[PDB]
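The sequence lines fix the lettering, A, B, ..., with proteins before strands; numbering per chain opens at 1. As the structure lists them, so they are numbered: ligands from 1, and atoms in each ligand from 1. Any value given below was found using the heavy atoms of this structure, including those in side chains, with hydrogens, waters and symmetry copies removed.
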Amino acid sequence: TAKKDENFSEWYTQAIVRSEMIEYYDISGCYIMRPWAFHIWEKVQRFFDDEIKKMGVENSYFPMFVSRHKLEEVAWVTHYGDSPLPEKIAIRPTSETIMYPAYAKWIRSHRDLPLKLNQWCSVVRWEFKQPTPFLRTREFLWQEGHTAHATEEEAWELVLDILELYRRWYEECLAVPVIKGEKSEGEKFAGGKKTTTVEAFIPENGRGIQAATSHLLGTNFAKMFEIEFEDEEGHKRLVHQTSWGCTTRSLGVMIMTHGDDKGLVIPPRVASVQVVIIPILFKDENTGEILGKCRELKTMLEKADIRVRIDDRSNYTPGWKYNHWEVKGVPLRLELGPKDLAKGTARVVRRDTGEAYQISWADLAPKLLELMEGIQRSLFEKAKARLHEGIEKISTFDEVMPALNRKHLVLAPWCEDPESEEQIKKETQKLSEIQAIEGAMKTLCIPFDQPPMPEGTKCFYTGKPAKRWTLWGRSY
Amino acid sequence: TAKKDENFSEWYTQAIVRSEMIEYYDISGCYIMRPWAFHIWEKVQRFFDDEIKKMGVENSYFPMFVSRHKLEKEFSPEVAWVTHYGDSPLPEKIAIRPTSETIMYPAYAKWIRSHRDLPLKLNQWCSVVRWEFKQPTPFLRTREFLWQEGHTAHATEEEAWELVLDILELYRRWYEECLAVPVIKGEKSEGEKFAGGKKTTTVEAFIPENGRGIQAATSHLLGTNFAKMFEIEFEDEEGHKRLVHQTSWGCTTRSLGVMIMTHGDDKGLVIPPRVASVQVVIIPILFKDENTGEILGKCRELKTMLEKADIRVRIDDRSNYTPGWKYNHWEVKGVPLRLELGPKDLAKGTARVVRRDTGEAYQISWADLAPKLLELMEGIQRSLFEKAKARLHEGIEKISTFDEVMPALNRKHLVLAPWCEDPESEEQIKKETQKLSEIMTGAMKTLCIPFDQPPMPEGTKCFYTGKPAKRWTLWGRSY
Ligand SMILES: Cc1cc(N2CC[C@@](C#N)(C3(C)CC3)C2=O)cc(C(=O)NCc2cc(F)cc(-c3cnn(C)c3)c2)n1
Ligand SMILES: Cc1cc(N2CC[C@@](C#N)(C3(C)CC3)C2=O)cc(C(=O)NCc2cc(F)cc(-c3cnn(C)c3)c2)n1
Ligand SMILES: O=C(C[C@H]1NCCC[C@@H]1O)Cn1cnc2cc(Br)c(Cl)cc2c1=O
Ligand SMILES: O=C(C[C@H]1NCCC[C@@H]1O)Cn1cnc2cc(Br)c(Cl)cc2c1=O
Ligand SMILES: [Br-]
Ligand SMILES: [Br-]
Ligand SMILES: [Br-]
Ligand SMILES: [Br-]
Ligand SMILES: [Br-]
Ligand SMILES: [Br-]
Ligand SMILES: [F-]
Ligand SMILES: [F-]
Ligand SMILES: [F-]
């Protein structure tokens, strides 16, 4: 009902509910993840988990509770039954304070390193602001990896390998283009040394959003938690640590990237159902001819590793089913009616473009595989083009507000001084308000891919010598 | 180092710490599950997840919090309550899930409208919290634990019951086929079944060293009781509203504890090959620079060859540990097979292989390695299971009268006794056995009413009440 570009947030809420991905919940900021969405989480989880296992990272499970003093918008447990606890305990917002004392105990010698752990769990961040399903929620599923190394070089190497896996999670599984970069000093994880990130862009509201993160923590947590090892010469040294995480936010980004006015569009690589078979039957009927052929076609397609679901539910019209599965975002629908039975073909409609194909039964499995690769690729390339058109390369501050009013990001030469970022946030916030009467812009990332910087280029805000091209915009 | 048959509890503590399975934590009743334990969990999780997906069960994720009014729709002391965010008190307190019925079933009532929506079959892998102020046991009884909970809804009772039994058979396979732990299928007594369910089925395990039974997993026929409570109804094909027939089932990381206690020995863990992330560890014997490069090369060749046979191999080529250290390390961790390669073996074209369960050593040519190791692993798996099954059979005494109860309990055995199944008699038996044990609770309770029933001769009396016995019932002290 709501059009994606006209009323984006209403479009989003409608799409995630009518698709049967999300059920809203009486406790604000928490959502039920139904199988249509949870299957996508399972797919990217399997991909990422298989890859980090190749790197020697091992899964674990640490408690969801942390004691008050060890933690020093956290949800506090204070009672069991009607009886108060001796001390109140917090639900994890992240697990540094839960894991790193164990790391201190475990690590004694250089022979104990590197230590590489991951866990899949949920965390709780009880912010009072209004939630956004998938993107900003009070409880969410994630994975957090935490490693420790004998040298800075090895930790940094892992940071970048994990960031590349996050690029693949988004770009290869979810067909979402992302930008690799480094966070500004004011936006990085405090208590880390350097934060790398992959950033995505939502064209409909012009907002950047952080997609995943990979931190070079350095030795600051080692000194805080006394994580030391004896080296090959017998001297005590601090470990060099990393941590990295990615959440069900990724599903939200996928939904927003590929959806259209009709509803969701799910990339074939992660879709719970890749091909829905719709028999063209009407109430009663059922002689078995058409459903028999559908079952044959399902078996044949499943032998080619295609995920297939026959919607043989009675008392829905074929058009009702077409719209139902389009709203859910199934990438291909296969229609089988009497005419198709009589000619030995089936009619296949791809979700992203609406293009229809008449395919002989014998040709179904290869053709569908081909179409699937094409849909996946096309979804990514169109989204990549939109990303490129949403970034304006500028040189002076007078170009900022116009570009933000076109719902674009800006790539601008920046001095990288931390005070200027706050200034810029405030100054853009003010200018925005003033227009509004008739909203702040921050750094998203300093991209790894740096265009050339002509000698003597000035920072777009301060006029001081610019160091690097920086990506700015409004953000989630 | 404690011996398993002398101080069982300290043996267990040392076994799970020394093998790097658990780490202690400052919040009582919670433990850290280290990677070595988590590998076994991942194996049984993958097994069970694949099998329920073949049945059409889909995974999902429901919130960890539930509202007061939803939680108490109809145990209360065991629920952890969240009352504050930062320093602000919530308007109303919210609870952490001890189980998810009150969270999922309102959603079921909304989602189910027509027979076209059935069956609805969902599962989730998560953790739950039961805040008992009693002493925990690592894996077996903890305040937070990992589990899966499945919840299904069906148009008919017959279909629901078939699913209950199919899931219970998957739990039998989880314990017996993966973990090599024998279990007994049965039905819970009226006093021990899930309240507000119709029939609870169970698989039960036994710990010989302390004589205790323990529930291994559970599968409930809920019937229509929760459908009434939550108004989960469907319009059948003639437009009449009908109640759904429901099931719920679960199993936890307690399974790992049971595996440890069943197969572990004085040397530490013993991991069944089917759940071992490392089935064969290859130890290069490096000493005085004798043939270092050729030995390492041959180890890598053997690893490739074994992996083509789908054997899970690790080469422990770490230079900062001696070979003898590595032998002990992987023995304490329970790796089923150790492969030793030194210059003597390199010359002979053979390897020395030692199996963890018995310590027997084999000299195996390289060309024979893969089929011989596959044979040895199936032998180890089967032998672990069979020896545990024999201990289970020897731990059960079939009795007729109440006077044989306390002697059998003092032999650390369970009893199989003819029982009237009256629920008051179970409470009376619990209290009386506890009293007699005084002269870790000594009470004896029902473990299950086994599916496999011995003959019941006409006129057999209940071992306690003397009324006519209905069925043979398995009783013991328990976890
Ligand atoms: C799912 C998810 C995901 C993320 N992030 C953060 C970065 C990250 C990435 N990359 C991680 C964690 C991986 C590193 C990611 O995914 C953050 C939140 C969140 O901050 N939740 C609390 C909350 C609740 C709420 F009702 C409202 C707000 C709210 C409203 N306005 N503002 C400004 C906040 C916030 N949640
Ligand atoms: C891991 C786990 C597992 C199980 N169960 C229950 C049945 C089940 C099976 N099969 C499930 C859940 C699958 C159906 C299973 O695995 C129960 C508990 C537990 O009751 N935890 C709380 C607690 C903490 C604690 F510190 C101490 C005690 C305690 C000490 N003495 N007594 C009498 C209690 C209890 N924990
Ligand atoms: O959570 C982090 C840092 C990193 N932890 C490991 C996974 C990847 C992740 O980026 C930063 N962070 C974010 N939000 C937080 C919210 C609260 Br509440 C607390 Cl106490 C602490 C934190 C906190 O430390
Ligand atoms: O948890 C159950 C019933 C079933 N739920 C689904 C998975 C399998 C499981 O056996 C029984 N049970 C057990 N312990 C509980 C503890 C508390 Br606290 C509460 Cl409120 C409720 C319960 C409670 O309902
Ligand atoms: Br994938
Ligand atoms: Br974060
Ligand atoms: Br027909
Ligand atoms: Br004991
Ligand atoms: Br899984
Ligand atoms: Br339970
Ligand atoms: F150092
Ligand atoms: F596995
Ligand atoms: F290896």
Practice task
Identify the macromolecule bound to ligand 4 in this structure with the most contacts, using its name in the PDB entry.
Solution key: Prolyl-tRNA synthetase (ProRS)
Handout entry: Options halofuginone, esreboxetine, liranaftate, retigabine for ligand 4
Key = halofuginone
Problem - Contact chains, halofuginone (ligand 4), heavy atoms < 4.0 Å - result: B
Handout entry: Contact residues, halofuginone (ligand 4), heavy atoms 4.0 Å
Key = B/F75, B/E78, B/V79, B/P98, B/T99, B/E101, B/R130, B/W147, B/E149, B/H151, B/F194, B/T218, B/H220, B/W249, B/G250
Practice task
Please determine if B/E149 has a nitrogen or oxygen closer than 3.5 Å to a nitrogen or oxygen of halofuginone (ligand 4).
Solution key: no
Practice task
Report, in ascending order of atom number, the atoms of halofuginone (ligand 4) lying under 4.0 Å from any heavy atom of B/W249.
Solution key: 7 (C), 8 (C)
Problem - Numbered atoms and elements of halofuginone (ligand 4) in range of B/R130, under 4.0 angstrom, heavy atoms - result: 1 (O), 13 (C), 14 (N)
Problem - Contact atoms of halofuginone (ligand 4), heavy-atom distance to B/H151 under 4.0 Å - result: 6 (C)
Exercise for the section: Would you mind running through halofuginone (ligand 4) and noting each atom that sits below 4.0 Å from a heavy atom of B/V79? Expected result: 18 (Br), 20 (Cl)
Problem - halofuginone (ligand 4) atoms in contact with B/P98 (distance to a heavy atom under 4.0 Å) - result: 17 (C), 18 (Br), 19 (C), 20 (Cl)
Exercise for the section: May I ask you to list the atoms of halofuginone (ligand 4) that are less than 4.0 angstrom from any heavy atom of B/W147? Expected result: 7 (C)
Practice task
Would you mind listing which atoms of halofuginone (ligand 4) come within a distance below 4.0 Å of any non-hydrogen atom of B/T218?
Solution key: 10 (O)
Problem - Nitrogen or oxygen atoms of B/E101 and halofuginone (ligand 4) under 3.5 Å apart - result: yes
